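Here chain A follows the PDB entry, giving residues 19-285 in order. In listed order, ligands and their atoms are each counted from 1. We read in the header that X-ray crystallography, 1.2 Å was used to get this structure. Computation of the quantities below employed the complete heavy-atom set of this structure, encompassing side-chain atoms and omitting hydrogens, waters and symmetry-equivalent molecules.
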Amino acid sequence: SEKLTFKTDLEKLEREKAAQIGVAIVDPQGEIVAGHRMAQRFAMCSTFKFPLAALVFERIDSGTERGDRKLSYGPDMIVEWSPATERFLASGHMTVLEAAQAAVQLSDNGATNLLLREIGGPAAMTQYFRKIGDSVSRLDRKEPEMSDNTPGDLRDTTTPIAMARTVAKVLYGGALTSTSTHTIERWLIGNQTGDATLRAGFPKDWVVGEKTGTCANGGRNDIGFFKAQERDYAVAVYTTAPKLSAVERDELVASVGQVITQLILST
Ligand SMILES: *C(=O)[C@H]([C@@H](C)O)[C@H]1CC(SCCNC=N)=C(C(=O)O)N1
Ligand code: NA
């Protein structure tokens, strides 16, 4: 059984790395292909920035937001890991689209918070999840405190299956116009932060786009999509590995990518 091999290999990683590994893979309609701990809650950390960008694109599509609107800010908006926000600080603003692209592709925290300020805060992010059919994912705080990942805390969490289904809804389920869907996919493909994680474990000919996260207390996550030839999939990987170094957590997620690949290729 290829799915048994998948389960067994993930459990071997868990045991040897002292880790918990949550995975869900779904088809474009949100039907389950495979998973592991798929309805266990994990901290979203930076992975929520992909759904945030989807919210922004939905508002742009609808006309309730403009992509080129200038969002002004001062140094108060600079928090840890805000590379683009820092570069644009002297100019005094970033546009909605510049901020969204920095949030997705650099995981820029300042840019994320700038968009959160604009779209109605964590409550509004959570409302968007509910609107697209996700009753599980919740944002409670801005960055970086939302990534605290205190054991047991249900704030700022999702499950692998809820998030994989949200990804499928955004990319394949008509949440966005064709133009906006294409743009967000290109942003995910061009992500600058995921070279050593999930996509490092996929075949080089698969089209892959993803959004990473790193949380306190050993969280390392990666969510997105892959196209294996003509077949499209949405995937969410959430891991917790307190005893590993940062490099080893990257490698753990890449290893999960290889386990996913073995399943897809062999089935
Ligand atoms: C998201 O999970 C965190 C945010 C909560 O601070 C950011 C930080 C990182 S990695 C830290 C250094 N970044 C780049 N060199 C990520 C990430 O996407 O892995 N998101
Ligand atoms: Na300020």
Most-contacted chain near ligand 1 (per the PDB entry):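 It has the most contacts with Extended-spectrum beta-lactamase GES-5.
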Specify the drug or drug candidate modeled at ligand 1.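 It's recorded as imipenem (open form).
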What residues sit within 4.0 Å of imipenem (open form, ligand 1), counting only heavy atoms?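 The heavy-atom cut-off picks out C63, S64, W99, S125, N127, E161, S165, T211, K229, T230, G231, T232, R238.
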Need the imipenem (open form, ligand 1) atom indices (1-based, order shown) with element for anything under 4.0 Å from a heavy-atom of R238.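 Taking each heavy atom of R238 in turn, imipenem (open form, ligand 1) has 19 (O) under 4.0 Å.
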Help me out: which residues of chain A, per UniProt imipenem-binding annotation, have heavy atoms under 4.0 Å from imipenem (open form, ligand 1)?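 UniProt-annotated residues with a heavy atom under 4.0 Å: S64, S125, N127, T230, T232, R238.
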Ignoring angles and geometry beyond distance, decide whether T230 reaches within less than 3.5 Å of imipenem (open form, ligand 1) through its nitrogen or oxygen atoms.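 Right, the criterion is met.
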Do me a favour and list the nearest non-hydrogen protein atom to atom 10 (S) of imipenem (open form, ligand 1) with residue, atom name and distance?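 For atom 10 (S) of imipenem (open form, ligand 1), the nearest protein heavy atom comes out as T232 OG1, 3.7 Å.
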Looking only at N/O atoms, are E98 and imipenem (open form, ligand 1) under 3.5 Å apart anywhere?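 In this structure, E98 places no N or O atom under 3.5 Å from an N or O of imipenem (open form, ligand 1).
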Which residue and heavy atom of the protein sit nearest atom 6 (O) of imipenem (open form, ligand 1), plus the separation: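 For atom 6 (O) of imipenem (open form, ligand 1), the nearest protein heavy atom is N127 ND2, 2.8 Å.
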Proximal imipenem (open form, ligand 1) atoms for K229, defined as those under 4.0 Å from one of its heavy atoms: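 Those of imipenem (open form, ligand 1) that fall under 4.0 Å from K229 are 18 (O).
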Where, by residue and atom, does the entry place a covalent bond to imipenem (open form, ligand 1)?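 In the model, the covalent bond from imipenem (open form, ligand 1) is to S64 OG.
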Closest protein heavy atom (residue, atom, distance) for atom 16 (C) of imipenem (open form, ligand 1):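 The closest one turns out to be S125 OG, 3.7 Å.
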Which imipenem (open form, ligand 1) atoms, with their elements, are less than 4.0 angstrom from a heavy-atom of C63?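 Answer, ordered by atom number: 2 (O).
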Starting from atom 8 (C) of imipenem (open form, ligand 1), which protein heavy atom do you reach first, and at what distance in Å?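 In this structure, atom 8 (C) of imipenem (open form, ligand 1) has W99 CD1, 4.3 Å as its nearest protein heavy atom.
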In terms of residue, atom name and distance, what is the protein heavy atom nearest to atom 5 (C) of imipenem (open form, ligand 1)?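 Going by distance alone, atom 5 (C) of imipenem (open form, ligand 1) is nearest to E161 OE1, 3.0 Å.
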Nearest protein heavy-atom contact for atom 2 (O) of imipenem (open form, ligand 1): which residue, which atom, what distance?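 Closest protein heavy atom to atom 2 (O) of imipenem (open form, ligand 1): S64 OG, 2.4 Å.
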For the 3.5 Å polar cut-off, considering only N or O atoms, please tell me whether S165 and imipenem (open form, ligand 1) meet it.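 Such a contact does not occur with imipenem (open form, ligand 1).
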